[PDB]
Each structure stands twice: as C-alpha cells, then as structure tokens.
Enquirer: 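I'd like to ask you about the structure that follows.
Note that chain A carries the PDB entry numbering, so the residues on display, from first to last, are 1-297. Reckoned from all heavy atoms, side chains included, excluding hydrogens, waters and symmetry mates. Header says: X-ray crystallography, 2.2 Å. One-based numbering, in listed order, for ligands and for the atoms of each.
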Amino acid sequence: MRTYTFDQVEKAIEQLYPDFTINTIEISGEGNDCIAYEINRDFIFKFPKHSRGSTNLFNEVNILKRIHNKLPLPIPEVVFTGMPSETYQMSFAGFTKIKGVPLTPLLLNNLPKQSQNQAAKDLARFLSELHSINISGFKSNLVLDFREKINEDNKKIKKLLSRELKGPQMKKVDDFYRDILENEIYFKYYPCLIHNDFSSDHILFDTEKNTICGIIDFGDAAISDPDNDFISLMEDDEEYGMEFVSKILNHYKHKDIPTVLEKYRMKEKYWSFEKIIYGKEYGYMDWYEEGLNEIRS
Ligand SMILES: NC[C@H]1O[C@H](O[C@H]2[C@H](O)[C@@H](O[C@H]3O[C@H](CO)[C@@H](O)[C@H](N)[C@H]3O)[C@H](N)C[C@@H]2N)[C@H](O)[C@@H](O)[C@@H]1O
C-alpha cells in the first residue's frame, strides 16, 4: 500500500496534462493493484498501490492499445498516461468511463431467460474473438506457460513453507505438485491472448437494454490457456455456475468440455496455494495465514 489524497492525484495529472481542468474527483473502486478515481464523471484514473500493481497497470495500458478495435464489446480506452519512475513503471492511467453495472450472478438470474441466453451468446462471441486475436506482434514476455508456472510455484511454496510445515506435511505438498505435473491435460493447449481475470465483476451491464455493454480490467491479460477464461466464470455462487457457462461453451463451440471441468476442479483445489504465494507477492498477509491453515488440513 501507497495511498493518495485528491491533491496528489490532481498534481500528478496537472504535471503531464496542464490543460485538462478538473472539477469533480471521487474514489470509484479499489482493487488489489490500484485505486480508481472518477474525474469529471467521464474518466476513471487508476493509480497503483505498489510496484507490482503498477506493472499490472503498465501491462493493461499496453494490451489495450493492441486490441482496442478488435472486439465485439466495448473495452477500456486509454486517454491519459503517467510516467515511469524508480518505483512505478507507470504512475497512473486515465480511461474513458464505461457506464454500466457489474453483471452479478444475482442480476443475471433475475433476467428473463431470453436475455440470459443473449448474455451467454455475447460473452462467447467476445471470448471467441479475443482468443482468435493474432498474437504475433505481441511481446514474448506475455506468454504464461502453465507448466513453468506450476514448477515455479512448487519451489516458491517449498521455499516459503519449509520452516512452517512439518516434514510429512511438506511431503504431501510435494505430492500434490508432482500429481498435477504428471497430468498432461493441464499443459497441452494452444496459447492465445486471454483476459485471464474473466469474471462477473469485470463484465458490465446496461439495465435499460438488458445487454452486456463492456468488459474491463485487462491488467492480468496474458498469452495462455483459453480455458482460463471459462473456469473463472464457473464457481457456483461467487460466479455464474455450470449451467450458464455451459451455454457460453456451446456458443464458443468448445470441443473438449470435460477438459474445462477438470481444469476447473484442479484450479479450485489450487486456490490454497495461490492464497499463500499471492498473499506474499501482493504482501496481503491474511490470505497467507488462511491458505497455510487450509494446507495443514
Ligand atoms: N473468495 C474469493 C474467490 O477468489 C478466487 O477467485 C476470485 C479471484 O481471486 C478474483 O481476482 C483476484 O485473484 C485472481 C485469481 O484469478 C487474479 O486473477 C487477480 N490478480 C485478482 O484480482 C476475481 N476477479 C473474482 C474471483 N471469484 C478463487 O478462485 C475463489 O475460489 C474464491 O472464492
């Protein structure tokens, strides 16, 4: 955590944008990586909470400029950029505001069936197009290879938990990693650009028309397994549940649905380990103790 006042936000912005005059500023959201501010009701400026989140913002800015007119839904559009320092790769970025509310599982399920299904269709089309974007211009650094990531998590957990876990417990952790890594189904996919945080909170909805009017938060995007972007929608109360995602899958013409379920299941078990790592790497320490406690069971 770094934290900001309105005067700091304004001065950072005035420095690089001296002719953009500012009336209203108020906090609009706050994520793991950035705080968001609404300026003149027409712009959302993200300011990083730490270096990690700044690097996330920098990556978001860059992917958006590559895909800005390639999708069938609106996406955030970058209008203002800050600067790199020794602490942040980018001090802030200002985006066009997208009107709408999050498409919560509550909101979704109270829609008439016809809108519900059109939502599934519109999401499938957004994903099918996103996953078909040609990635060849893209920086090779965006490639998230899932085998390497898992091998790397195993060593980070070992390094982190070696003094915290009893020998037999750490053996069982090594067992779970070995087991995941021997199953080829997690690691044979054709990589493509994926949103990689595709969930109900990043899907915006227009309640006058009852249709999806935007997709937001591209800070996690990578070139990786297209199946990541369904599994993040599958969790029953938290997200949409299986019946809805299966409609999305059918529109997307997915060919190996039992593969997605399998990755979903493993992902959900994998959450405890993500809570430990992601706790420390995002220095949020109640996740850490929680994951560790789940692991000791
Ligand atoms: N109790 C909260 C839930 O949290 C996880 O999922 C949630 C993600 O954590 C959120 O996002 C953050 O974590 C992501 C991992 O995907 C990263 O991409 C990103 N840096 C972060 O912004 C996402 N928007 C909503 C989603 N429901 C678990 O899977 C789930 O079991 C658990 O119930």
Enquirer: Give the PDB name of the drug at ligand 1.
Expert: kanamycin
Enquirer: Which macromolecule in this structure makes the most heavy-atom contacts with kanamycin (ligand 1), going by the name the PDB entry uses?
Expert: APH(2'')-Id
Enquirer: Which residues of the other chains approach kanamycin (ligand 1) to under 4.0 Å (heavy-atom distance)?
Expert: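 Heavy atoms within 4.0 Å: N32, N196, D197, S199, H202, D220, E235, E238, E239, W271, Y278.
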Enquirer: Short N/O distance, under 3.5 Å, between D197 and kanamycin (ligand 1)?
Expert: yes
Enquirer: State which organism the PDB entry lists for chain A.
Expert: Enterococcus casseliflavus
Enquirer: Below 4.0 angstrom, counting only protein heavy atoms, does anything approach atom 19 (C) of kanamycin (ligand 1)?
Expert: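 Yes, there is one.
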Enquirer: To check your reading of the model: name the closest protein heavy atom to atom 17 (C) of kanamycin (ligand 1), its residue, and the distance in Å.
Expert: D220 OD2, 3.4 Å
Enquirer: Using a 4.0 Å cutoff against the non-hydrogen atoms of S199, which atoms of kanamycin (ligand 1) qualify?
Expert: 23 (C), 24 (N), 25 (C)
Enquirer: For atom 2 (C) of kanamycin (ligand 1), what is the closest protein heavy atom, and at what distance to 0.1 Å?
Expert: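 Of every protein heavy atom, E238 OE2, 4.2 Å lies nearest to atom 2 (C) of kanamycin (ligand 1).
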Enquirer: I need the atoms of kanamycin (ligand 1) closer than 4.0 Å to a non-hydrogen atom of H202, numbered in the order shown.
Expert: 24 (N)
Enquirer: What covalent attachment, as residue and atom, does the entry give for kanamycin (ligand 1)?
Expert: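 The covalent link is not modeled.
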Enquirer: Kanamycin (ligand 1) and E239, any nitrogen or oxygen pair closer than 3.5 angstrom?
Expert: yes
Enquirer: Going by the atom numbers of kanamycin (ligand 1), which of them fall below 4.0 Å from some non-hydrogen atom of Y278?
Expert: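 Checking each atom against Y278, I get 19 (C), 20 (N), 21 (C).
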Enquirer: Mark whether atom 13 (O) of kanamycin (ligand 1) lies under 4.0 angstrom from at least one protein heavy atom.
Expert: no
Enquirer: In the protein, what heavy atom is nearest to atom 7 (C) of kanamycin (ligand 1), and what distance, to one decimal place, separates them?
Expert: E235 OE1, 4.8 Å
Enquirer: For atom 9 (O) of kanamycin (ligand 1), grab the closest protein heavy atom and report residue, atom and distance to one decimal in Å.
Expert: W271 CH2, 3.9 Å
